[PDB]
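Risedronate:Farnesyl pyrophosphate synthase complex.
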There are 2 protein chains.
Amino acid sequence: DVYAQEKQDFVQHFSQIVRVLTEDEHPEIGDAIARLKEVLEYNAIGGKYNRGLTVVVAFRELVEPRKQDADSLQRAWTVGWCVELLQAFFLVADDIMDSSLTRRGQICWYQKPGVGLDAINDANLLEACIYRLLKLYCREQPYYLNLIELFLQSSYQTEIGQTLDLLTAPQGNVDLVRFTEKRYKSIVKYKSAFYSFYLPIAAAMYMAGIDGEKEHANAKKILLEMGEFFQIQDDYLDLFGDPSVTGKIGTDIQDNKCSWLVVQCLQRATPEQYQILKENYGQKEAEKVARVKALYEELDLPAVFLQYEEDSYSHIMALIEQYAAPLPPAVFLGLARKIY
Amino acid sequence: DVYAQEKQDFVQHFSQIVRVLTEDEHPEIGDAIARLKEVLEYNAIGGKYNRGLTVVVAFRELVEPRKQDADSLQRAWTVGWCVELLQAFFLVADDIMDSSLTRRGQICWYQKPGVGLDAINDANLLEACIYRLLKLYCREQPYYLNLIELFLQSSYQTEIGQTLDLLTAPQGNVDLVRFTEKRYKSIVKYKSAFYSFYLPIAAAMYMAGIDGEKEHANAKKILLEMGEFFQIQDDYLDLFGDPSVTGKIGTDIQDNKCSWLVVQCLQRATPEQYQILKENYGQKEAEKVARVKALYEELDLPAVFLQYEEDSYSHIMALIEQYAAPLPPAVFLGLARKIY
Ligand SMILES: O=P(O)(O)C(O)(Cc1cccnc1)P(=O)(O)O
Ligand SMILES: O=P(O)(O)C(O)(Cc1cccnc1)P(=O)(O)O
Ligand SMILES: [Mg+2]
Ligand SMILES: [Mg+2]
Ligand SMILES: [Mg+2]
Ligand SMILES: [Mg+2]
Ligand SMILES: [Mg+2]
Ligand SMILES: [Mg+2]
């Protein structure tokens, strides 16, 4: 993959990211800078880096090789890491609010002895690092304000989606009537689709001088649909994924979430199955979670997911045929290969 | 006061702030927008509004009356509310991390039944509103990027200071050796001084076209010292203030904080008093907190605070004589009257 090709340089740039972000160590703040380094090392490293790498890959595909000078590539890697940092900020807070146990194969940052709710400020620091890096590397570039505004808008969208996620999933209060297809789509559009797929491609676009509203709207048409599929896959894997592969233990059932699985359950369930779901959803008891999983297996939801992935793939490819131009289709095809 | 004069118009502008921030209610996000309105109403309203009002007061003093058109004043009120929103974001998170009970006379947002750790995302939303308002009202102004960068830098500084605050105050781990005057000054400079006093005056300066590095450095010399005094007063009031007046219950002793009071205690304590402090600090027991307060009263720390306030006031006034020019001294004198 073009991603496998770009990764080494990308991952190697992290040591520079950390060095530059700890280099204004103002000796009086050194203890805080040491902490920031620990937060960065624990939370921004250990993933697949696909969102950050997308900035780098798309940049190479959209900027003419003659314009891909050493300093331009450095900026592209930096902006890719800003995308990973935004994700890091959101995940550290999300793990607290979802009462999660593990992430990327290790205990969630907030669960670490001695961290706890201090993680809230650590997450805010990750967010702050984005704008520090943008100033340090891109302040003199004509796309500087476009990138600042893109990251801020992306944060606002994600926060609105998180609000909807949490509102639809009140603890100890099970009302399955809330869990509709229309509600689901709205939640996932905001909480995941914007920052996961649109953000990195849009960043590369701005860096290539592609700032037109029409071009961004067309890219969105593809990328927001990709983001939706990806969140549906995340929901499926929450229950049916191998945590050795996913790196995280699922909490959606216990947490009373408007998951794609519960929505599809509700679409197919008989009145009797509905009551079983109602009596067992949103509760910490392992036996109750197990009855929900059994109901999902009884309704062939794994098979339903497999079909949906096939149909979604074909849909996004049709959307690439319609909306990719004038951008190289490879920009979208590479990302599609990576997520499906 | 000039503050009492400017308040009504300022507080009345909040209804417009909320209307504009809920006006992109995209009907699918309406539940989230209703929540945002609740967060705004609960957390941004009920204080004295001195930081926001400082933007408005300083704007009127720094911009020529002929340039204080209706739209310019609207922008100044909006930017004042952005300052209050930044404070709101920081306080909602701080109350979680400090395990606080009340704020502005009411239960802390996170302590409210049904809120809990969802407050983390609510706080992120408050932060996001700042940049929404700056775009909506100031995007076409020549100071737009200066304001974006000022608020982001202010957030980063505050987050670094919060990191130091929390690092120096580990729960259940009492080491009084950490609590030095040098450490204290560094903590408070970052966590409070920048956003509390420098931020609002600097915002008004940028809005008046006063963007020079020298002018900002000179204003900082006054304003960071004001911010330090104000945090020292906050620390004093944490234990000795009337919560009916302060609106909040103190937690510094229980929370093992590097408070100005503990630092001054350590400066005066005999070896015997040192052991009493050591045995009683950083613990939830009311009886232990009471022994610490008794030690502080025995060492005449209230009297020490009173003297420090007198000496600090005279110092900041000397700094105004040195550093105010070419700005009107009234800009600083009004703020000084408000805090001392
Ligand atoms: O990785 P997670 O926790 O499965 C998740 O995707 C993380 C996440 C956080 C914020 C926005 N979007 C996704 P969630 O939505 O909580 O299922
Ligand atoms: O209002 P509080 O909680 O007394 C405080 O001033 C709030 C605060 C939060 C963030 C930055 N600076 C002050 P703290 O430092 O926690 O004593
Ligand atoms: Mg989660
Ligand atoms: Mg979540
Ligand atoms: Mg998930
Ligand atoms: Mg506090
Ligand atoms: Mg605090
Ligand atoms: Mg305090």
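Just so it is clear: chains get the letters A, B, ... in the order the sequence lines come, proteins before strands, and each one is counted from 1. Counting convention: from 1, in listed order, for ligands and their atoms alike.
All copies of risedronate taken together correspond to ligands 1 and 2. Other chains having non-hydrogen atoms less than 4.0 Å from risedronate (ligand 1): A. Atom 15 (O) of risedronate (ligand 1) has its closest protein heavy atom at A/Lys191 NZ, 2.5 Å. The distance from risedronate (ligand 1) to the heavy atoms of A/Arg103 drops below 4.0 Å at these ligand atoms: 1 (O), 2 (P), 3 (O). Other ligands and ions under 4.0 Å from risedronate (ligand 1): ligand 3 (magnesium ion), ligand 4 (magnesium ion), ligand 5 (magnesium ion).
Numbered from 1 in the order shown, with element, the atoms of risedronate (ligand 1) that lie under 4.0 Å from a heavy atom of A/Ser192 read 11 (C), 12 (N), 13 (C). In this entry, the organism cited as the source of chain A is Homo sapiens. UniProt lists residues of chain A as binding Mg(2+); of these, a heavy atom within 4.0 Å of risedronate (ligand 1) is found for A/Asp94, A/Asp98.
Short contacts between risedronate (ligand 1) and A/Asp98, defined as distances under 4.0 Å to a heavy atom of the residue, involve ligand atoms 16 (O).
The set of residues with a heavy atom less than 4.0 Å from risedronate (ligand 1) is A/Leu91, A/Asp94, A/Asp98, A/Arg103, A/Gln162, A/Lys191, A/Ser192, A/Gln231, A/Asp234, A/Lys248.
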